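The residue numbers of chain A are those assigned by the PDB entry, with the residues present covering 602-720, 732-913 sequentially. Both counts, for ligands and for their atoms, begin at 1 and track the order of listing.
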Amino acid sequence: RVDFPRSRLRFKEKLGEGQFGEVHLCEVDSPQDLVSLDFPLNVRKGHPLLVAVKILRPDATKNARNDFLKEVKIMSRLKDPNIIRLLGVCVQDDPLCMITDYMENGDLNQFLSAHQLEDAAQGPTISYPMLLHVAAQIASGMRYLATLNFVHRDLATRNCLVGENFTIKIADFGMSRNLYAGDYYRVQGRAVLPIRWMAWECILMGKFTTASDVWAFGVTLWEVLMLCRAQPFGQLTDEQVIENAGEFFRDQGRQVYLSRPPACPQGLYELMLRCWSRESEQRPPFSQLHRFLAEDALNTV
Ligand SMILES: Cc1ccc(C(=O)Nc2ccc(CN3CCN(C)CC3)c(C(F)(F)F)c2)cc1C#Cc1cnc2cccnn12
Ligand SMILES: Cc1ccc(C(=O)Nc2ccc(CN3CCN(C)CC3)c(C(F)(F)F)c2)cc1C#Cc1cnc2cccnn12
């Protein structure tokens, strides 16, 4: 438990900005000097060590600082191939920083927007099996979060990151990266919520659980199979999305569901529909979602 040396973080560019600070892409100066029990980092000789750095504005309120430190504690526990990894912190003096691995292909929404489905769309291709592999990795990371008794609360392709060889890491940007403002609705005062990804019980009663994470996974998987080309419920206004949550509650058959993506087979679609069951206990666990995507869907190509 010692700070990473801030003087070794060499700025390259801004990855995001928000009310309370920024995210920077940095290079670690001569990273081999640091390798030890205290910092057992992975350096590849001949390859720069790139890292992402979340930084709190030095004039932040005391409550903002407590938020940042709480996030540090959470991140310090996360150790999984499909979750973003904490490499070090700077917290003994200001500005507070947290340092993670850098995912070189950006967020999953950006990534998939730039791809087309393997045979006018443009750019590099991505196959249907590769899309199942992207989704399986998200289910695997979420399964791990759930076993540690964490609820994500904002699962969407915008909070997933892409590294080498189609590797996905779940992340959560909170207010550090004010992209995608069009995905959040202002329900009260200064509070904005990702209503198009939220289970009806989240919207009506502010109840967030692994089962509402499963509901958001359904929507995220719909995004993946659509190659991020369309907003969920894009035919409906925000106020109509809220009304739709009310119809899940009323349960009289007026509720509407996201349509089957063209690249989605009927069984996978029926699994997505189960993610949107009215009753929490009827939604599939992430173990079952992962298995379906890694086995069933693959064996029936
Ligand atoms: C510097 C940095 C700091 C922090 C985080 C961050 O993701 N923190 C986080 C906090 C909590 C949770 C879990 N909880 C969620 C809430 N929940 C209520 C409790 C459970 C998780 C999660 F991944 F587990 F979800 C992540 C990401 C970055 C980044 C970066 C980066 C790296 N490559 C790139 C390339 C382009 C852009 N950015 N970027
Ligand atoms: C129509 C409608 C529109 C908007 C909102 C709304 O603003 N919901 C809201 C959800 C969550 C949060 C955030 N949370 C985080 C964690 N926390 C532990 C709970 C707070 C907030 C926030 F404002 F606090 F951000 C608001 C609610 C309704 C409703 C309803 C309702 C309730 N029972 C019934 C029965 C029949 C019909 N409707 N209905």
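In this structure, the drug modeled at ligand 2 is ponatinib. The largest share of close contacts with ponatinib (ligand 2) comes from the chain named in UniProt as Epithelial discoidin domain-containing receptor 1. The deposit lists the origin of chain A as Homo sapiens. Of the residues of chain A touching ponatinib (ligand 2), most belong to the UniProt domain Protein kinase.
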